[PDB]
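Structure with trifluoperazine present.
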Amino acid sequence: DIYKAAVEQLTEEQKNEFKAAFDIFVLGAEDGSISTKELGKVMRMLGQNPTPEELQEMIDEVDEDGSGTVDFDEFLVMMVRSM
Amino acid sequence: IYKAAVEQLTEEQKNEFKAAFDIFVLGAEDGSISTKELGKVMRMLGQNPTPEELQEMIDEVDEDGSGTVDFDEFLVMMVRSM
Ligand SMILES: CN1CCN(CCCN2c3ccccc3Sc3ccc(C(F)(F)F)cc32)CC1
Ligand SMILES: CN1CCN(CCCN2c3ccccc3Sc3ccc(C(F)(F)F)cc32)CC1
Ligand SMILES: CN1CCN(CCCN2c3ccccc3Sc3ccc(C(F)(F)F)cc32)CC1
Ligand SMILES: CN1CCN(CCCN2c3ccccc3Sc3ccc(C(F)(F)F)cc32)CC1
Ligand SMILES: [Ca+2]
Ligand SMILES: [Ca+2]
């Protein structure tokens, strides 16, 4: 619940910005959630080269429903975790 | 100030930001991020910054007054956004 705090401190504008980013990363996604596939595309689009294992790691750190995918709520937590 | 946070960054993190930097200037006139490239990157990530806001973002870290972001200033931009 340490990160749950920082997400509640985010303004509606900040959340709307992340939603716009989230919305573009899920294009193609079957269920409308970031899967390792989508995450890998965003990262590579940003010049990174992650492995399947590293991608599953990033997702697992915020996968609170155990879906193996990131939904917008878990995504806001991913951003806040950065720092 | 921020120069301290940049000195803390590992060589691996800098190389990661560098890889991002290199993709953001692909086609840059002077090999640096100008408002054109900065807006391009942000639009791609679903944002819609104004010309005035893009200039502010550059200026906040433009320590040489070129109106563009070189890699050194880019690492500040990454860090400064804390
Ligand atoms: C090998 N291993 C691969 C990944 N890197 C960290 C990448 C962090 N990251 C990042 C950093 C600099 C430039 C581009 C990117 S892409 C990216 C996208 C989302 C996230 C997100 F979701 F977290 F916010 C973090 C990152 C660490 C080492
Ligand atoms: C409090 N506030 C919380 C969020 N952080 C910014 C997180 C953004 N982010 C990130 C996080 C950790 C390490 C590297 C990166 S680069 C990066 C690249 C793309 C995205 C992408 F694609 F998602 F947009 C998000 C991020 C700033 C401070
Ligand atoms: C209207 N005005 C538009 C811009 N927003 C801030 C956007 C911050 N940002 C961001 C946040 C969520 C999703 C995508 C992006 S693109 C982006 C790229 C670089 C930076 C960087 F370099 F700064 F770290 C910050 C951002 C503030 C208000
Ligand atoms: C020390 N460490 C330095 C970097 N910051 C994270 C910067 C990530 N970032 C950012 C910063 C502020 C607000 C929003 C965002 S989203 C975002 C999108 C793209 C990039 C970009 F440019 F890479 F593509 C960088 C960022 C976390 C702490
Ligand atoms: Ca999930
Ligand atoms: Ca400059």
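The chain called A is the first sequence line; B is the second; the pattern continues. To match the PDB entry, the residue numbers of chain A are left as they are there, and the shown ones run 3-85. Chain B residue numbers are taken from the PDB entry; in order, the displayed residues are 4-85. Any value given below was found using the heavy atoms of this structure, including those in side chains, with hydrogens, waters and symmetry copies removed. Ligands are counted one by one from 1 in listed order, and the atoms in each one are counted from 1 as well.
In the structure shown, the parts corresponding to trifluoperazine are ligands 1, 2, 3 and 4.
Among all chains, the one with more heavy-atom contacts to trifluoperazine (ligand 1) than any other is, according to UniProt, Troponin C, slow skeletal and cardiac muscles. Going by heavy atoms, the other chains that come closer than 4.0 Å to trifluoperazine (ligand 1) are A, B. Under a 4.0 Å non-hydrogen cut-off, the residues that form the binding site of trifluoperazine (ligand 1) are A:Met45, A:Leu48, A:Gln50, A:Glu56, A:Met60, A:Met80, A:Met81, B:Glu15, B:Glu19, B:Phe20. Among all protein heavy atoms, the one lying closest to atom 17 (C) of trifluoperazine (ligand 1) is A:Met45 CE, 3.9 Å. At the shortest separation from atom 2 (N) of trifluoperazine (ligand 1) among protein heavy atoms lies A:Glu56 OE1, 3.6 Å. Atom 19 (C) of trifluoperazine (ligand 1) has as its closest protein heavy atom A:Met60 CE, 4.5 Å. With respect to atom 24 (F) of trifluoperazine (ligand 1), the closest heavy atom belonging to the protein is A:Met81 CE, 3.4 Å.
Atom 11 (C) of trifluoperazine (ligand 1) has its closest protein heavy atom at B:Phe20 CE2, 4.1 Å.
Considering backbone and side-chain N/O of B:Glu19, one or more are found under 3.5 Å from N/O of trifluoperazine (ligand 1). Among protein heavy atoms, atom 16 (S) of trifluoperazine (ligand 1) sits closest to A:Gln50 CG, 3.5 Å. Listed by number with element, the atoms of trifluoperazine (ligand 1) under 4.0 angstrom from any heavy atom of B:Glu15 are 28 (C).
Atom 22 (F) of trifluoperazine (ligand 1) has its closest protein heavy atom at A:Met80 SD, 3.1 Å.
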